[PDB]
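Below is one structure, written out as structure tokens; comments come after it.
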Amino acid sequence: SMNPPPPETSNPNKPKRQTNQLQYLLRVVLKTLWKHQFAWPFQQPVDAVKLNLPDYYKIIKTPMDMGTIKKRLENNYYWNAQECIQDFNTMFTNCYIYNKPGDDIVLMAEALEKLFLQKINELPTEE
Ligand SMILES: CC[C@@H]1C(=O)N(C)c2cnc(Nc3ccc(C(=O)NC4CCN(C)CC4)cc3OC)nc2N1C1CCCC1
């Protein structure tokens, strides 16, 4: 309140490469998390105006969400799987910083994180 613009998702200046890890992150990791029962609050940027939380972007200076992550993968924005994994981690950490521990939103993030960590453990060897 006001809302910032959403995170950048494309840069045609950035070099691009398709790898088996980035593919997996899109087609497996993002897809499985997106479809989870608890995914819906994490599918787009926090609208702090709509939610009437004017402090949200006073506290969270590195917002991230799965809608942004989806687009960055589509746009070949990431050179490395680690860049993408960091964005997921940022999304979770933001939720943990902003919200009271144990609140339902935190439990929802925790569940998605547990699933994300399981999929990351199965990240294919770079080929
Ligand atoms: C930004 C803080 C935190 C967070 O970290 N994320 C990511 C977040 C992302 N998106 C949402 N979204 C919504 C949250 C609540 C509602 C909603 O309609 N709540 C009803 C209000 C009336 N009540 C009788 C029934 C419940 C709708 C939402 O989006 C349309 N909430 C989030 N929260 C929550 C904000 C309030 C709890 C914590």
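In chain A, numbers come from the PDB entry; the residues present are 42-168, in order. For ligands, and for the atoms within them, numbers begin at 1 and follow the listed sequence.
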Mind telling me the name of the drug at ligand 1? BI 2536
If you rank chains by contacts with BI 2536, which one has the most, by name in UniProt? Bromodomain-containing protein 4
Which UniProt domain of chain A is the main contact region for BI 2536? Bromo 1
Mark up the atoms of BI 2536 that fall under 4.0 Å of a heavy atom belonging to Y97, in ascending order. 1 (C)
Numbered atoms of BI 2536 (with element) below 4.0 Å of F83, judged on heavy atoms: 7 (C)
Out of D96, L92, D106, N140, who is nearest to atom 5 (O) of BI 2536 when you count heavy atoms only? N140
Would you mind running through BI 2536 and noting each atom that sits below 4.0 Å from a heavy atom of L94? 1 (C), 2 (C)
Show which atoms of BI 2536 fall inside a sub-4.0 Å distance from at least one heavy-atom site of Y139. 2 (C)
Which of the numbered atoms in BI 2536 are under 4.0 angstrom from any heavy atom belonging to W81? 12 (N), 13 (C), 28 (C), 29 (O)
Provide the binding site of BI 2536 at 4.0 Å, counting non-hydrogen atoms only. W81, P82, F83, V87, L92, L94, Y97, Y139, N140, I146
